**Q** 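Quick one: this structure, given as structure tokens, is what I'll be asking you about.
The sequence lines fix the lettering, A, B, ..., with proteins before strands; numbering per chain opens at 1. Note that ligands are numbered from 1 as they come in the structure, with each ligand's atoms numbered from 1 the same way. Note that these values count all heavy atoms, side chains included, but never hydrogens, waters or copies made by symmetry. The way this entry was determined, per its header, is X-ray crystallography, 2.4 Å.
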Number of protein chains: 2
Amino acid sequence: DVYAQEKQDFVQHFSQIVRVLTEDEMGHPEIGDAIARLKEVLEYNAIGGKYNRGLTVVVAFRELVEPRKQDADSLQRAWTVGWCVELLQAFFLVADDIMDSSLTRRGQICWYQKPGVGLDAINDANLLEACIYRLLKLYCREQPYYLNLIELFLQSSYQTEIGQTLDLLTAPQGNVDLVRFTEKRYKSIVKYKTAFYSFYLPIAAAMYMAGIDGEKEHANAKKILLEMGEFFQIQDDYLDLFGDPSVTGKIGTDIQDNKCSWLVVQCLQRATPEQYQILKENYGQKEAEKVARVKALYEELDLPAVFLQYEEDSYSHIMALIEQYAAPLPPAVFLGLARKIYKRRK
Amino acid sequence: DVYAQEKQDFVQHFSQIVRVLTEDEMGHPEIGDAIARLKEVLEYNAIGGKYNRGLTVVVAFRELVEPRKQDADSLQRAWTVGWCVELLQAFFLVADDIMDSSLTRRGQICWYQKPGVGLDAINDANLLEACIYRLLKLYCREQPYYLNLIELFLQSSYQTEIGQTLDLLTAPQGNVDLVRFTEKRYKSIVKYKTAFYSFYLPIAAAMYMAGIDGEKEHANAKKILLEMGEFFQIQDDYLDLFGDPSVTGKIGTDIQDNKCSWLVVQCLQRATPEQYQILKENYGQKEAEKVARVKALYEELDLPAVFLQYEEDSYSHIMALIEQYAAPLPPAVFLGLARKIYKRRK
Ligand SMILES: CC(C)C1=CC2=CC(=O)[C@H]3C(C)(C)CCC[C@]3(C)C2=C(O)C1=O
Ligand SMILES: CC(C)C1=CC2=CC(=O)[C@H]3C(C)(C)CCC[C@]3(C)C2=C(O)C1=O
Ligand SMILES: O=P(O)(O)C(O)(Cn1ccnc1)P(=O)(O)O
Ligand SMILES: O=P(O)(O)C(O)(Cn1ccnc1)P(=O)(O)O
Ligand SMILES: [Mg+2]
Ligand SMILES: [Mg+2]
Ligand SMILES: [Mg+2]
Ligand SMILES: [Mg+2]
Ligand SMILES: [Mg+2]
Ligand SMILES: [Mg+2]
């Protein structure tokens, strides 16, 4: 609703993002070809998703500043920082697609699987990360929140990299240990790898933009948002296997790449001993034969019904946390973001 | 001399760097394995080189602050920022070794070629980059230069990524165009990919640490240091082919990876037309047979004698630039860094 009306405005602002990033080194014409490559990197990897995270920055911002303080410049900043969050996303996704050996993202081939790119994508990603800070300096250099935003984006990146490290250490290629795949470990992975940057970051960004910068307001926002981000990742794990790749826009890899997916942890909690072994023999391997066997087992234990149950209970809990911890923020802030991830299928 | 006496102190401070980076998330014990991996990432990829860049921060700092203002805390900061520069280096090298398909660095196997790492190295690198800003916040958060340093490290990274993009666009795998490989293009590549982060960054860091933060002092320092960094990269290109991999610590790749090396640009300036074709047919290809042919041609045109000539003339020019542009800084700042790269063989 609030997200859906703002989408178009938000996407239209991308042209200016590109312009500003591609122009103020063109009285450096010697780098001209690099800057053309940047343009192309941005167009391929910032565009095509739902924009929930960047929209969250613009929406929350609208809802937390008095309209008499929403001058045009201030809006311009709000959706720039919006776009900075989308660039962080793009950054991590381009890298994650290489490290997960994935094939599609957003219903096209992964950047690194393009003829002519491959592992050059690595530097492409680092550039996307640099652009965040280019924009902040351009649009927010003279705001009193400038340094708060810089430190927030850096800390959210560190946290997601710590989470990525955990994600990959728990999933060595060619090493089935199923013993690694616990609830403690899962909860911990998803907190760091998804929950800070996809839920805390954008809302916290708009908080500092509206001058709301006390530790306790942030901590309380955080309690809500880390839990929403956990749920979001479990959805992601479910959709990796049971989703339509024409709706998700991406082909699943989690069983192949030996991942601590939510599904495998649930599986392990339910599995008879004979089931344990079918999973042991078939998991973390690239053979389609063997992946299909894992899925059939998951289906055998009604884990799609267990997902649909978990979704229901988690949503109630998130809502309790909003009742508890939203004040003095408008609940609409959290509710609107919850409604936009409830029962999502991309 | 000044570098050589400070090395030991500087290296000894690494233990504390690691300690500080591995401890203040251990009342977050859930990430404990990620933090162990960080430790290991740091030990493998920050240690084993010459430390010229980090030593440059400590040396310049000593030479620009009055001793009565070199309290123990201030030194501690100076070699922390020293180590931040070495981490930026580590960051780029781990990524560069993957994108250049290299085999050895610092006389051991490239991190990504370790059994158990490969392309996980990508996130390993991003973590090294995050640590820079972790340390800055730890040690320099309350200094008036804090934000100058943050912006300098970010801008130097953007610039080196722009340079990397140029480096790889000029060297597509399986596309010999020799026409791309000009002086304009080379000079431009090396400015961005090496010269900002290896020469400007460390000295500029110590300038802002000593309260010397005017545009014109920086611009003048920069004129000297961009030119030293150009020379340094040409050395690097020469050593890639004509150096001892037991002294350099790394096996060359530039002809294989189709690079705009200084040698190939020189070659092209000298080559008869029949020579042009031997180069055309043999360059940018992985066959040892064909690489040897390129080297023999370079040798045929006395390019090691042309290198040794260029080294001589460039050094005179750098020294002229110091005579011109050092003031009011002590010339020792520039001289000491020049002496430590003159006629280097690693
Ligand atoms: C960039 C913005 C549109 C945006 C795009 C998203 C695209 C994706 O492919 C989504 C998944 C693949 C389902 C992974 C989680 C959600 C993703 C990452 C997604 C965003 O969160 C997002 O803000
Ligand atoms: C980390 C610090 C010791 C340091 C190490 C270096 C190690 C290298 O391998 C050097 C080359 C491979 C010759 C590439 C240029 C110089 C290198 C990068 C180098 C440093 O500059 C450096 O500060
Ligand atoms: O499953 P992942 O964590 O790789 C993923 O959700 C991306 N991601 C990466 C870090 N946090 C989320 P995607 O499924 O989009 O590939
Ligand atoms: O030759 P490159 O630029 O790849 C190199 O010098 C590293 N580098 C990367 C950017 N600047 C310098 P190395 O020869 O160490 O591999
Ligand atoms: Mg992943
Ligand atoms: Mg993935
Ligand atoms: Mg997934
Ligand atoms: Mg390179
Ligand atoms: Mg290299
Ligand atoms: Mg080289």
**Q** From triclosan, zoledronic acid, ethambutol, can you tell which is the drug at ligand 4?
**A**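 The one at ligand 4 is zoledronic acid.
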**Q** Which chain forms the largest contact interface with zoledronic acid (ligand 4) when counted as heavy-atom pairs under 4.5 Å, and how does UniProt name it?
**A** Farnesyl pyrophosphate synthase
**Q** Mind listing the other chains that have a heavy atom within less than 4.0 Å of zoledronic acid (ligand 4)?
**A** B
**Q** If you count the atoms of zoledronic acid (ligand 4) from 1 in the order shown, which ones are under 4.0 Å from a heavy atom of B:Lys250?
**A**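 Listed by number with element, the hits are 13 (P), 14 (O), 15 (O).
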**Q** Between B:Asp237 and zoledronic acid (ligand 4), is there a nitrogen or oxygen pair with a distance under 3.5 Å?
**A** no
**Q** Counting only heavy atoms, tell me which of A:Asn123, B:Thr160, B:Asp96 gets closest to atom 9 (C) of zoledronic acid (ligand 4).
**A** B:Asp96
**Q** Which residues listed in UniProt as isopentenyl diphosphate binding sites of chain B come within 4.0 Å of zoledronic acid (ligand 4) at the heavy-atom level?
**A**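 Counting heavy atoms against the UniProt list, it comes to nothing.
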**Q** Give me the nearest non-hydrogen protein atom to atom 1 (O) of zoledronic acid (ligand 4) as residue plus atom name, then the distance to 0.1 Å.
**A**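 Nearest protein contact, heavy atoms only, for atom 1 (O) of zoledronic acid (ligand 4) is B:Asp236 OD2, 3.2 Å.
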**Q** Tell me: protein heavy atom nearest atom 4 (O) of zoledronic acid (ligand 4), and distance?
**A**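 For atom 4 (O) of zoledronic acid (ligand 4), the nearest protein heavy atom comes out as B:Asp100 OD2, 2.6 Å.
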**Q** I'm comparing zoledronic acid (ligand 4) with the native dimethylallyl diphosphate site: which UniProt-listed binding residues in chain B have a heavy atom within 4.0 Å of it?
**A** B:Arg105, B:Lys193, B:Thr194, B:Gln233, B:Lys250
**Q** Taking only heavy atoms of B:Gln233, which atoms of zoledronic acid (ligand 4) are found under 4.0 Å from at least one of them?
**A**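 Answer, ordered by atom number: 1 (O), 3 (O), 6 (O), 12 (C).
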**Q** Any idea which protein heavy atom is nearest atom 15 (O) of zoledronic acid (ligand 4), and the distance to it?
**A** B:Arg105 NH1, 2.7 Å
**Q** Starting from atom 11 (N) of zoledronic acid (ligand 4), which protein heavy atom do you reach first, and at what distance in Å?
**A** B:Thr194 OG1, 2.7 Å
**Q** Please write down residue, atom name and distance for the protein heavy atom closest to atom 10 (C) of zoledronic acid (ligand 4).
**A** B:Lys193 O, 3.2 Å
**Q** So, at a heavy-atom cut-off of 4.0 Å, what does the binding site of zoledronic acid (ligand 4) look like in terms of residues?
**A** B:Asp96, B:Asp100, B:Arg105, B:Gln164, B:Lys193, B:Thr194, B:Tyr197, B:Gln233, B:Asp236, B:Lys250
